[PDB]
Engineer: 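So I pulled up a structure with S-thalidomide in it.
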Amino acid sequence: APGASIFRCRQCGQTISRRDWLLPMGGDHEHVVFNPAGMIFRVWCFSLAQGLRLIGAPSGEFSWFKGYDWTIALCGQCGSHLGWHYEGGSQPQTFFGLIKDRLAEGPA
Ligand SMILES: O=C1CC[C@H](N2C(=O)c3ccccc3C2=O)C(=O)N1
Ligand SMILES: [Zn+2]
């Protein structure tokens, strides 16, 4: 009966990802980053996620991960901004960077 199994949207409980799907980009699944608006994010990288809605066309502008373009990822249920989907790169071609404090971790 594991308690650190899956990640849900902290605002509504939508299933989003799984601890098994953590991805160590540049040798670490956690990346502490800032956007141009000065906001700091503790981003956890996942190979896969579900229950999101990706908004707009990809952009390479200010990407925290070299070679990847990003799209905003909202919770598909409640609209909470949960992170970004990254695409266009290599090994892997795509992944998700999700904001740790916007997810709730718990049992499957
Ligand atoms: O990899 C990324 C993801 C998107 C991101 N980002 C933001 O969080 C943001 C907020 C306001 C205006 C523009 C940005 C954008 O480049 C960011 O800075 N880098
Ligand atoms: Zn939600």
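The residue numbers of chain A are those assigned by the PDB entry, with the residues present covering 16-123 sequentially. Read the numbers this way: they start at 1 and go in the same order the structure lists the ligands and their atoms. This deposition comes from X-ray crystallography, 1.6 Å. Below, all heavy atoms of this structure are taken into account, side chains as well, without hydrogens, waters or symmetry copies.
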Engineer: Which ligand numbers or chain letters correspond to S-thalidomide, including copies?
Structural biologist: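 Copies included, the answer is ligand 1.
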Engineer: Which chain contacts S-thalidomide the most here, in the terms used by the PDB entry?
Structural biologist: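 By most contacts, it's Cereblon isoform 4.
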Engineer: Write out the residue and atom name of the closest protein heavy atom to atom 17 (C) of S-thalidomide, then the distance separating them to 0.1 Å.
Structural biologist: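 Among all protein heavy atoms, the one nearest atom 17 (C) of S-thalidomide is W79 CZ2, 3.4 Å.
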Engineer: Does the protein place any heavy atom closer than 4.0 Å to atom 12 (C) of S-thalidomide?
Structural biologist: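 Looking at atom 12 (C) of S-thalidomide, one finds that no protein heavy atom lies closer than 4.0 Å.
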Engineer: Near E76, which atoms of S-thalidomide are under 4.0 Å from a heavy atom of that residue?
Structural biologist: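 By the 4.0 Å cutoff, the relevant atoms are 16 (O).
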Engineer: For atom 1 (O) of S-thalidomide, tell me which residue out of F49, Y101, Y83 has the closest non-hydrogen atom.
Structural biologist: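 Going through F49, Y101, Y83 one by one, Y101 has the nearest heavy atom to atom 1 (O) of S-thalidomide.
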Engineer: Looking at this entry, which organism is chain A from?
Structural biologist: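 It's listed in the entry as Magnetospirillum gryphiswaldense MSR-1.
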Engineer: If you count the atoms of S-thalidomide from 1 in the order shown, which ones are under 4.0 Å from a heavy atom of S78?
Structural biologist: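 Listed by number with element: 1 (O).
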Engineer: Starting from atom 14 (C) of S-thalidomide, which protein heavy atom do you reach first, and at what distance in Å?
Structural biologist: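 For atom 14 (C) of S-thalidomide, the nearest protein heavy atom is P51 CD, 3.9 Å.
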Engineer: Please write down residue, atom name and distance for the protein heavy atom closest to atom 19 (N) of S-thalidomide.
Structural biologist: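 Looking only at protein heavy atoms, the one closest to atom 19 (N) of S-thalidomide is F77 O, 2.9 Å.
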Engineer: Atom 15 (C) of S-thalidomide: which protein heavy atom is closest, and how many Å away?
Structural biologist: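 Checking every protein heavy atom, the shortest distance to atom 15 (C) of S-thalidomide gives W85 CZ2, 3.7 Å.
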Engineer: Looking only at distance, does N50 have an N or O less than 3.5 Å from an N or O of S-thalidomide?
Structural biologist: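 Yes; the residue has a nitrogen or oxygen that sits under 3.5 Å from a nitrogen or oxygen of the ligand.
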Engineer: Which residues from the surrounding chains have any heavy atom less than 4.0 Å away from S-thalidomide?
Structural biologist: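 The binding site of S-thalidomide (heavy atoms) is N50, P51, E76, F77, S78, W79, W85, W99, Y101.
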